[PDB]
Number of protein chains: 2
Amino acid sequence: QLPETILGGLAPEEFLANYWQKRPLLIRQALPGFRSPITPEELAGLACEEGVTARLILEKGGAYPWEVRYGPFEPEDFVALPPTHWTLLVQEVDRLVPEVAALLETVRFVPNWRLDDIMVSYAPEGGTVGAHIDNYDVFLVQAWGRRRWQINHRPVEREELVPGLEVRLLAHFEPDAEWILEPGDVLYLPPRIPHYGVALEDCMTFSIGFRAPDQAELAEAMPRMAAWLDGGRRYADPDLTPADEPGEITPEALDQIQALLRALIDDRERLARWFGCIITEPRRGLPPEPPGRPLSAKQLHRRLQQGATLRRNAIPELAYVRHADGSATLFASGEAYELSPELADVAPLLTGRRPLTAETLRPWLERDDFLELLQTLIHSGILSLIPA
Amino acid sequence: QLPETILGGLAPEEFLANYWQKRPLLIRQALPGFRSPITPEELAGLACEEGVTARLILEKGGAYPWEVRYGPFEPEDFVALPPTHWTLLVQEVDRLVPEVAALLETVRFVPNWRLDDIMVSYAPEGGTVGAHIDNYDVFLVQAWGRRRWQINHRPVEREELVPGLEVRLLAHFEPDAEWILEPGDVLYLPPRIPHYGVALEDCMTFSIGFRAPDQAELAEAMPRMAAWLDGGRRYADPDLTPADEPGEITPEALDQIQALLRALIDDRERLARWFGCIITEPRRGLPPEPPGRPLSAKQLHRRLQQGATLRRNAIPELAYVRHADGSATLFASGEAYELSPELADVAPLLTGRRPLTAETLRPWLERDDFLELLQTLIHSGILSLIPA
Ligand SMILES: O=C(O)CNC(=O)c1nc(Cl)c2ccccc2c1O
Ligand SMILES: O=C(O)CNC(=O)c1nc(Cl)c2ccccc2c1O
Ligand SMILES: [Mn+2]
């Protein structure tokens, strides 16, 4: 009961060509009839569950203006809140609530790894986070109540911030466009577009967020390259001449260091595996949860061909890569699974849009090595087995 | 007390040309009349200190064959050891005992960053660590007693080890050369030469060890690069097309990822800083230590003119690089200190083999910029101030 995409009457090819990472776009009634599958009471319910990232922001009513209280929480923390001018933000709700993750099937024109999470916000009247920017694309989805969004179509290069407030707040903000959003309305913002939303009543917002790695993150992820190396090439200086100045890291020495790192980076087989892992790795505290009990290959096959379904639990943490051999590597929550060329074409399937069923899986379902793979993915918590 | 180099009759030019990282060399009486500056009980005392890396290896007479016991120890651990066939090994003794670090100024024809540490080992009769190979250059300095070294001139491409011992022991070892070393004798081995050293009496050996980073290590030190990025360039796909298969990490995407990483390696000044910091960073758990009291620039200047000398506490952790604009960066125990072009020539001096006196520092002492630098270097325990 959800449309093929979140773009209304706009085709993805046209949207990507004229708006993606360029300029904001206001889709009216992207999701006709869409109401939040989760309620404010349930959201506050998730905010208490351990391993969850949650923030409470009060523009006023706290000890000081713009106070930020962090999770985890206790049930008592919420009842003693002012009637208005606060807001609750919970991250990776798509990981916790399958019904929310369903929404993620409307943004499959973007590749999986560019997907991050769906954070859900609740806010009584007047609740806000304040005028701010983000370094990532976002689909702002109204799921309850109404929100007044003010934005500036001009992206900001330098972030002029308010001092000492422990929340990224824009000192000077000049809106050129104001909008009132009802449930089903969708506001797309490219990176660095300043936006200021305010709740006109008890409302909820679903923020579909994307991710783009900067150099700093990629550098921090590089120690994982060591996993596939087995040491690798070693610095060698057999043609060493006596050091004029022993403390000098010579230009010839820096040359060889550059060479060693390049050979590392320029190996595409090696680089693909590294990136596939570090980009699907869980970013916060919610890894995949293994099932209750073990499951035999024959039982899976049986249960599967009786109409059972396989569900993807974390699409943003699901990706793959093809190699020159015809082989492929599958990526699920930071881990790599090697696929022979015989199996290489299940990767597009398991990570793609298509429903996982007996009909859909018929081609490989009688191969032993393919059932072992499903068994592994089910036991890891990557795929959930769903009865009919 | 010590010669200019550890090569005796040989010239640094010849050695590096004909032996360094190629052929083993036995230099007899390379250090004439050199006995160890510390005793086995002094060494046992070091092995008891917090943060030190020490090993106790019993070939026999232990709980089982080739038992290894790891420090830090306590004095009790040395009382009930067997009469024979065991060894104590302590790492980074040069950073603990100044008189041992004095040995390091016989190897200054090799650059500083290529130096690792001096490992001191004690053994009664028969004591050894077994036949093994090492991935690094080493000068094996006999500091007390007699030791019988057996080696083999052909390096090992693939090391076949004895299974499950917690010590890396060669299964097959056939020596084609043998010597018995007396105090002052020095044996140089290039990387991956199988050697087997057995003590013929109470023994002390000083292993001057070098370091050469492989690709695995460089990948591991990469996160430090994030210090200078302030974020860096971010991945961007404005001209993205609708994904035929959303789970695929496309070559176009991997190309941009490859570009973002190569930007870090190909910017030479920025790489020079990263490498300087990660190669002078302390390898293990021995933090450089401060002085008992703080010294003003005036005081520092005063004591220097009154005959005080500056001592380099850790030479292997001292280096510098010159930049294109005449500026330089001084590296010390993993920290980078920027030097203006006018001040860029103190770096050879501070890291070099010259003594650090009022005479040698005469041009620089008048500068406030230089004293300020010396203050922090003393403060952090890179340089120790000593009276005449
Ligand atoms: O040579 C002998 O059998 C007796 N010598 C020693 O026991 C002895 N051994 C060592 Cl390792 C040292 C080591 C340093 C200083 C003196 C030593 C010493 O008298
Ligand atoms: O104490 C005894 O009766 C026997 N002890 C030793 O023989 C012995 N004792 C000590 Cl404290 C050391 C201490 C350091 C190195 C060797 C030692 C050694 O062989
Ligand atoms: Mn935002």
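Labels below follow one simple rule: chain letters A, B, ... track the order of the sequence lines, proteins then strands, and each chain is numbered from 1. The figures here come from the full heavy-atom set of this structure, side chains too, leaving out hydrogens, waters and symmetry mates. If you check the header, you will see the structure was determined by X-ray crystallography, 2.8 Å. Indexing begins at 1, ligand by ligand and atom by atom, following the structure's order.
- Going by the PDB entry, the chain with the most contacts to ligand 2 here is cupin 4 family protein.
- The name recorded for the drug at ligand 2 is FG-2216.
- In contact with FG-2216 (ligand 2) at heavy-atom distances under 4.0 Å, by letter: B.
- Of the other ligands and ions shown, none has an atom under 4.0 Å from FG-2216 (ligand 2).
- The deposit credits the origin of chain B to Rhodothermus marinus.
- At 4.0 Å, heavy atom to atom, the residues around FG-2216 (ligand 2) are B:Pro40, B:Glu41, B:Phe78, B:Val79.
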